**Student:** 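I'd like to talk through a structure of fasudil bound to Rho-associated protein kinase 2.
Chains are designated A, B, ... according to the position of each sequence line. The PDB entry numbering applies to chain A: residues 27-388, 394-417, in that order. So for chain B, numbering is the PDB entry's, and the shown residues are 27-388, 394-417, in order. What you see below is based on every heavy atom in this structure, not just the backbone, and it leaves out hydrogens, waters and symmetry mates. Order of listing sets the numbers, starting from 1, for every ligand and every atom in it.
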Number of protein chains: 2
Amino acid sequence: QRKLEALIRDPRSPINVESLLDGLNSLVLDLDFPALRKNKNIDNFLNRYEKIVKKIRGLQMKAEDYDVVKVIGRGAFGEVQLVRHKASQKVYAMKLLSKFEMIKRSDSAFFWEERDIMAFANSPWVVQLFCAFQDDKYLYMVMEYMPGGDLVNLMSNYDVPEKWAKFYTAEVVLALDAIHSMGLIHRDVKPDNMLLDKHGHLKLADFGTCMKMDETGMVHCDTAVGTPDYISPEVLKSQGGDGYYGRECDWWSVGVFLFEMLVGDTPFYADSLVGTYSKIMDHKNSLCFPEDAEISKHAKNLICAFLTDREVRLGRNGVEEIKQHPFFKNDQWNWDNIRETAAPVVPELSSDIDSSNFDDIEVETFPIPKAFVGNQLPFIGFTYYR
Amino acid sequence: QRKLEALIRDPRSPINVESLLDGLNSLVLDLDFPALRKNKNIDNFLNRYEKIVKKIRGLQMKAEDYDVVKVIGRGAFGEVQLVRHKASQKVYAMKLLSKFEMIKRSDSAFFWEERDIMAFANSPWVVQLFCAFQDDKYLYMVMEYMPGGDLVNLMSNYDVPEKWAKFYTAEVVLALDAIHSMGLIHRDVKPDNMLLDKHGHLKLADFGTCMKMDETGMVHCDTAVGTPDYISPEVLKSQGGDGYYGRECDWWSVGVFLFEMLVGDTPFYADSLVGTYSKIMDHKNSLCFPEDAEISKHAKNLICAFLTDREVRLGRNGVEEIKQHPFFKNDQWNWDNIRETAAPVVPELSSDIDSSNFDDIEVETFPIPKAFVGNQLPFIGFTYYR
Ligand SMILES: O=S(=O)(c1cccc2cnccc12)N1CCCNCC1
Ligand SMILES: O=S(=O)(c1cccc2cnccc12)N1CCCNCC1
């Protein structure tokens, strides 16, 4: 009875205050229906607690507490809106996940890892989660807004010189090392998940496919994840059964990224997705550099050292061998201070809602239930306030 | 988000810590079944929380934490056991209420009033609740043990002189005034619910039929409650529809009690229950004193002043007129200090488990559910620790 004063207040615990309230609020939501109320055990309880619960729901953060300035990202289960909290006047990126889409698709437990990393990472390399809440229809994540836009946008607006490519690649290696040292492998390293902040420095903004490492730093997984252009050969092959791999899969993606940034195209580009999988499986033959592409000796060397089978890939003896590669040799920054040195592309913003670095972008209730189905159960424990 | 640090810690609130845990524990219990787990919303949630919940259940007070010395009372839904807490070695009376009997009988919300009064009354006239807990099968209430036994037992072991009858009646009036001043009318005032403690002083030990008063001190009720011998005429008639009455119904029972204690029989005794109801409805004619019964002028006067229709009953202008009745005139105590004066019958106990003042006294699982039925829902919020 001693430890509970601890557990309840510990933000990491699954049974803290906010989670206990989520439960009691999800229970009332999932039981208050016409048919269900014919049962009396249910109708009684809904009597005692329904009033007090509706009052508590009044003190809960709400979507209405925010103005939707505009949509800046689109997800598989919702969008990411640029918003301004009405009372504070502060701006944030707010991601929405539809409870109905996740339930219908039977994919209602993929967000825990992301929620945890963005909330507790406490790292300059990870987009920060200020608070997470929910209503009967959606899940909400209020995060720090990254006005710099992603790297897919930076790569299409500038012809990137090696000086920049070193900078970004170095920050990507540091961001992933931070994630690995938290016990996770990313598995979806790509330009779309890399955002630039107000100063032009990098942060990872998506962790939907992260996974907790072993006691050896490895994971057992039989599902190929990540965008086709960036899936490493070991992750691709794990789709055929008994995949066992470590963080080296993120290092492969860095190679694809560096290639794409300096060559202008992804190394295993193909007109079909299956075409790309095939190139990847046959990387020994399929990788090749364009004749007119002008790339330094070291740059081409680093790309080839990442783009090989795991057993001989750069980083197989630790991140230290990646950091000492000659391609990173320079006079502006070192591995300890890169984030406090001038970024290559400093954003030029005209206001707290300037979303010029983001391309523009262009409603299904649950069927009232017969008997209890528990559709709010998977989201008990999502709520979070710093 | 400010008030919650309050609510959660306020023992009176329905959504405090212990209640939030009851919910999350009742939910897991009511969802963890073979058939129910075929649904995935349920199976997922039962995965995330089932482990942590079973650990928390380990830190919960348990029936095994107590030795059952013997059964001292029997209830409609369970028994009252004399027990010793194993670790502390302290003795208590522990009442058990079967969840299955309450559910089957559809009477799973009658205990709230009692739980509240015994837990928060903080009065020398009310048996005290130290803690309430529960397991999947029972509800438990750990109360202070009253070794003196009840007044049904005292009346059958002694021929009670008026000196004593004043003492007990005065303590009964004070105990009920305490209950009324809490905003409740008792409605089951009888010798069985009156217990004597270690010193021989009185306390009320049952509040199963209490009801919150109006803003006028009255209640609207259409159900006759209480044991037949003690039901007042207004409570009996309310069974026929539109009952509206106040605390005067408790004063009537005091009259029945005083009569029984001095005459040796209840005033409206009959061989059948229906016989007794009839006498009560016809109290103007049915009340009469035995020829050989020797009762003082004042004693007989008080009995008759209580045993009349409400409109002319003693106490209709407040408890003050009851306390100043001449029958209570005496040299041992006054209304302010009666509880700290020598009791008439001081218990002679040989140990902390002496239950000689209590007569001796001489298993049905719920059918595994098909779909959710929620049988643990009515008891969410029962848990309580001082
Ligand atoms: O650019 S996002 O809208 C975005 C995500 C998270 C935090 C953000 C903060 N600021 C702007 C955009 C943000 N985004 C989601 C959809 C595609 N995947 C990765 C990035
Ligand atoms: O005597 S009890 O067992 C009892 C109740 C509550 C607290 C007690 C404390 N000590 C002894 C007996 C007690 N009891 C229950 C059954 C019949 N109704 C009223 C009294």
**Student:** I'm curious which other chains are hanging around fasudil (ligand 2) with a heavy atom under 4.0 Å away - can you tell me?
**Tutor:** B
**Student:** Provide, to 0.1 Å, the distance between atom 10 (N) of fasudil (ligand 2) and the closest protein heavy atom, together with that atom's residue and name.
**Tutor:** B/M172 N, 2.9 Å
**Student:** For B/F384 and fasudil (ligand 2), answer yes if some heavy atom of the residue is under 4.0 Å from a ligand atom, otherwise no.
**Tutor:** yes
**Student:** At a 4.0 Å threshold, what atoms of fasudil (ligand 2) neighbour a non-hydrogen atom of B/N219?
**Tutor:** 18 (N), 19 (C)
**Student:** Any idea which of B/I387, B/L230, B/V106, B/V178 brings a heavy atom closest to atom 2 (S) of fasudil (ligand 2)?
**Tutor:** B/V106
**Student:** I'd like to check atom 14 (N) of fasudil (ligand 2) in this structure: does the protein have a heavy atom lying under 4.0 Å from it?
**Tutor:** no
**Student:** In terms of residue, atom name and distance, what is the protein heavy atom nearest to atom 12 (C) of fasudil (ligand 2)?
**Tutor:** B/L221 CD1, 3.6 Å
**Student:** Please check whether B/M169 reaches fasudil (ligand 2) - meaning an N/O of the residue sits under 3.5 Å from an N/O of the ligand, judged on distance alone.
**Tutor:** no
**Student:** Determine, using UniProt domain annotation, which domain of chain B makes most contacts with fasudil (ligand 2).
**Tutor:** Protein kinase
**Student:** What protein heavy atom is closest to atom 6 (C) of fasudil (ligand 2), reported as residue, atom name and distance in Å?
**Tutor:** B/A231 O, 3.5 Å
**Student:** Hey, is B/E170 one of the residues with a heavy atom under 4.0 angstrom from fasudil (ligand 2)?
**Tutor:** yes
**Student:** Return the closest protein heavy atom for atom 16 (C) of fasudil (ligand 2) as residue, atom name and distance.
**Tutor:** B/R100 O, 3.4 Å
**Student:** Enumerate the atoms of fasudil (ligand 2) whose separation from the nearest heavy atom of B/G99 is less than 4.0 angstrom.
**Tutor:** 3 (O)
**Student:** What atoms in fasudil (ligand 2) come closer than 4.0 Å to a heavy atom of B/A119?
**Tutor:** 8 (C), 9 (C), 10 (N)
**Student:** Which ATP-binding residues that UniProt annotates in chain B are found with a heavy atom under 4.0 Å from fasudil (ligand 2)?
**Tutor:** B/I98, B/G99, B/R100, B/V106
**Student:** List fasudil (ligand 2) atoms under 4.0 Å from B/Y171, heavy atoms only on the residue side.
**Tutor:** 10 (N), 11 (C)
**Student:** Heavy-atom contacts with B/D232 under 4.0 Å: which atoms of fasudil (ligand 2) show up? List them by number with element.
**Tutor:** 18 (N), 19 (C)
**Student:** Which atoms from fasudil (ligand 2) have a heavy atom of B/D218 less than 4.0 Å away?
**Tutor:** 19 (C), 20 (C)
**Student:** Among the residues UniProt annotates as active site in chain B, which one lies closest to fasudil (ligand 2), and what is the minimum heavy-atom distance to the nearest 1 Å?
**Tutor:** B/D214, 7 Å
**Student:** Report the binding site of fasudil (ligand 2) using a heavy-atom cut-off of 4.0 Å.
**Tutor:** B/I98, B/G99, B/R100, B/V106, B/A119, B/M169, B/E170, B/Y171, B/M172, B/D218, B/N219, B/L221, B/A231, B/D232, B/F384
